[PDB]
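Shown here: cetuximab bound to Meditope.
Proteins get letters first, then strands, A, B, ... in listed order; numbering begins at 1 in each.
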Amino acid sequence: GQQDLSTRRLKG
Amino acid sequence: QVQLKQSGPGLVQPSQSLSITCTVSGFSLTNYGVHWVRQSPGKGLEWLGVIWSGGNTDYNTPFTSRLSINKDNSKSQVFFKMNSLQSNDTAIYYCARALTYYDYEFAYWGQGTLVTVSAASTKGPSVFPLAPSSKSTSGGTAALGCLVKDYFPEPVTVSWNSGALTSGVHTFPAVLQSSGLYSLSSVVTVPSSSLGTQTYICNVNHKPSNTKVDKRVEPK
Amino acid sequence: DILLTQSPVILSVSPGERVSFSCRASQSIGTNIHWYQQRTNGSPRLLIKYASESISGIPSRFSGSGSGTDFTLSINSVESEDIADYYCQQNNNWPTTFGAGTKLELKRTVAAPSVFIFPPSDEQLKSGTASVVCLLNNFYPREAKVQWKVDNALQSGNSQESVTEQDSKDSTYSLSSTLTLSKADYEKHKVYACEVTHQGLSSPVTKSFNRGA
């Protein structure tokens, strides 16, 4: 549900 | 064509100020407004503000006091500056241009600038080879890689053979070790029979620390 | 500030199926909504403007509809290059705001991992640390177990995993498990083994090496 700055993809 | 190019990612210490430069081409700043958007874990996508063709600025409400946008039309540069950053201001910052001069549908984006707000210090990575062997060959395919260890902050860029090798590359997401430094591996699979003839180099760039390393990876 | 609610959080579909993304607004916004795609390590890419209008260079399989508060982004026959997050944006009211995004995952047939193991390099050992890397390559689905053993002692807590996002071409994942020892510990033992369990393997696969060769 939250964005992940490492991958720029939504993760949980 | 239309491009927007941002300055590199970096560390900012708490309470200090963030500065990003957008350099545009394919259009003139006197004809289009340039907007600033960020992407954070807390707030997601968040429009920050805009400097218009004529130099006027608008700032999203929570940032009016600590945000400031300027530009040099002749140099095709837009300067983003935000004051007193805290940890939740860690985010990817983008400049964007819309389709028309007055609108907000963002057809053109910069590449993003990952900004980390941390009291810590910048630290370049050490790069170690993940050497192919028999324990890493399967049916004519060998796997090889680079261990990019103990750096801060994110990001690091990894390519193979200066861009020419892209097929079969997996650069893994960074993981934060208990030391508070990041580590990752980048792998590629190749024909084992080419290990004799071809050269395999991972090109590592840690822009926050100005660390560029080229690591040759050879069978051991 | 208009609240944009995207649902669901994650969409999982098979290649060729249809798929719709919902964006609901907290008050009427007319057709003043735009849609964006974001791929792994990418910047957003404008797909639709004003609920339904095409954008130059965007595959025709992308379409949008809706008005008022209920909006839909549709892909009529999904491809693996569509693996991404998708966001809506409203601009009927200042300031412009974005939804929180729906993730698009793709189903595919089961693919067993190819397993490779890498001892620590002599370069790393000079620093007094030992990383042992186990690579699980090009597998589906995402669930996998990696079990580390050092001279038949089960390792626990001294490894870290990383998984790539889904591949845009073949829809697989790859995973890395890194086991981290001190040089002294590493030098004190001989057999280093990575055991991999996955739905595509009929029995666990073990890749091991003896320190030295």
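- All copies of cetuximab taken together correspond to chains B and C.
- Using a 4.5 Å cut-off between heavy atoms, C:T164 does not touch chain A at all.
- For a residue to count as touching a neighbouring chain, one of its non-hydrogen atoms must lie under 4.5 Å from one of that chain's; by this rule C:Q38 touches chain A with backbone and side chain alike.
- Note: A:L10 leads A:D4, A:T7, A:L5, A:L10 in heavy-atom pairs under 4.5 Å with chain C (cetuximab).
- Counting heavy-atom pairs under 4.5 Å between each of A:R8, A:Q3, A:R9 and chain C (cetuximab) puts A:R9 at the top.
- When heavy-atom pairs under 4.5 Å with chain A are tallied chain by chain for cetuximab, first place goes to chain C.
- At a heavy-atom cut-off of 4.5 Å, the residues contacting cetuximab are A:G1, A:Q2, A:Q3, A:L5, A:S6, A:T7, A:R8, A:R9, A:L10.
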